[PDB]
Amino acid sequence: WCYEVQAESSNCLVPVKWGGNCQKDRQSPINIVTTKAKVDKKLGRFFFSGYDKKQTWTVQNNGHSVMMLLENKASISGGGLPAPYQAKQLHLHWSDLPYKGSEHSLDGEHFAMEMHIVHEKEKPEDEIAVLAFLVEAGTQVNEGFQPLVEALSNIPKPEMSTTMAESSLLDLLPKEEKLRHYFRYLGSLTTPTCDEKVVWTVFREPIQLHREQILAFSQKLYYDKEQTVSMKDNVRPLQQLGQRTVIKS
Ligand SMILES: CCN[C@H]1C[C@H](C)S(=O)(=O)c2sc(S(N)(=O)=O)cc21
Ligand SMILES: [Zn+2]
């Protein structure tokens, strides 16, 4: 399987031809019409555990994205979730243009990147909880992202792995006060096999990176071990909401 962009220069199955569960009815990502999302008072604050601890994370190019291995060293609870969820991995989706790098959209507005923090239910439509943050260009270098951005030139090819300098997950997120507002729905993984087992949370507040930090991703990373196709536009096309609803805090 591949993204649309990889087909043009392949030395593979494009998104509209993906099999498995990818052609089903409760798929992700979606466009969120914010006025159509109903406030649900049960969507309380998230509580984070291990997000404040400095770690040296392993980060790897898996041929589709760059992925930090979180190795169960952090967890979340609250946020209307039925149970705590263990953190498994963090990865991103991006482009090199400001309005075609996110997977989800808000009222038709797209962003430059989207970051996905993937967690698994501690014990189904909510086996996996993904925390989704939308990214745009701001005025300044986001210092919290510097260890990740700095690591990228050490994993230019698929299968490569490196160790980031000391950093926390908290360093990557908005101020906690700004995480109170989010959107919630049930959907799928955004890559094959597209399993309908994800409870999604899309935070309303964008993260800001400097333009140069966002461009680093497409400038330093490659889809192929021949380094001829720059990694970008790793974005699944929008899927239909159908008879689901979106709720918000
Ligand atoms: C390369 C895609 N990997 C898949 C399977 C992995 C086992 S996972 O962590 O479940 C996961 S989370 C997402 S996303 N884009 O919906 O957040 C995709 C993936
Ligand atoms: Zn993702």
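When a residue number appears, it is its place in the shown sequence, counting from 1. Below, each value reflects all heavy atoms present in this structure, side chains not excepted, and no hydrogens, waters or symmetry copies. Note that ligands are numbered from 1 as they come in the structure, with each ligand's atoms numbered from 1 the same way.
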### Message
Got a name for the drug at ligand 1?
### Response
dorzolamide
#### Entry: dorzolamide (ligand 1): macromolecule with most heavy-atom contacts, named per UniProt
Carbonic anhydrase 4
### Task
Please write down residue, atom name and distance for the protein heavy atom closest to atom 11 (C) of dorzolamide (ligand 1).
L189 CD2, 3.9 Å
### Task
For atom 13 (C) of dorzolamide (ligand 1), grab the closest protein heavy atom and report residue, atom and distance to one decimal in Å.
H91 CE1, 3.8 Å
### Task
Please name the UniProt domain of chain A carrying most of the interface with dorzolamide (ligand 1).
Alpha-carbonic anhydrase
### Message
Please check whether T190 reaches dorzolamide (ligand 1) - meaning an N/O of the residue sits under 3.5 Å from an N/O of the ligand, judged on distance alone.
### Response
yes
### Query
Quick one: does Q89 get an N or O within less than 3.5 Å of an N or O on dorzolamide (ligand 1)?
yes
### Task
Among all protein heavy atoms, pick the one closest to atom 4 (C) of dorzolamide (ligand 1) and tell me residue, atom and distance.
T191 OG1, 3.4 Å
### Query
Backbone or side chain, does any N or O of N62 fall under 3.5 Å from an N or O of dorzolamide (ligand 1)?
no
### Task
Indicate whether atom 1 (C) of dorzolamide (ligand 1) is within a distance of less than 4.0 angstrom of some protein heavy atom.
yes
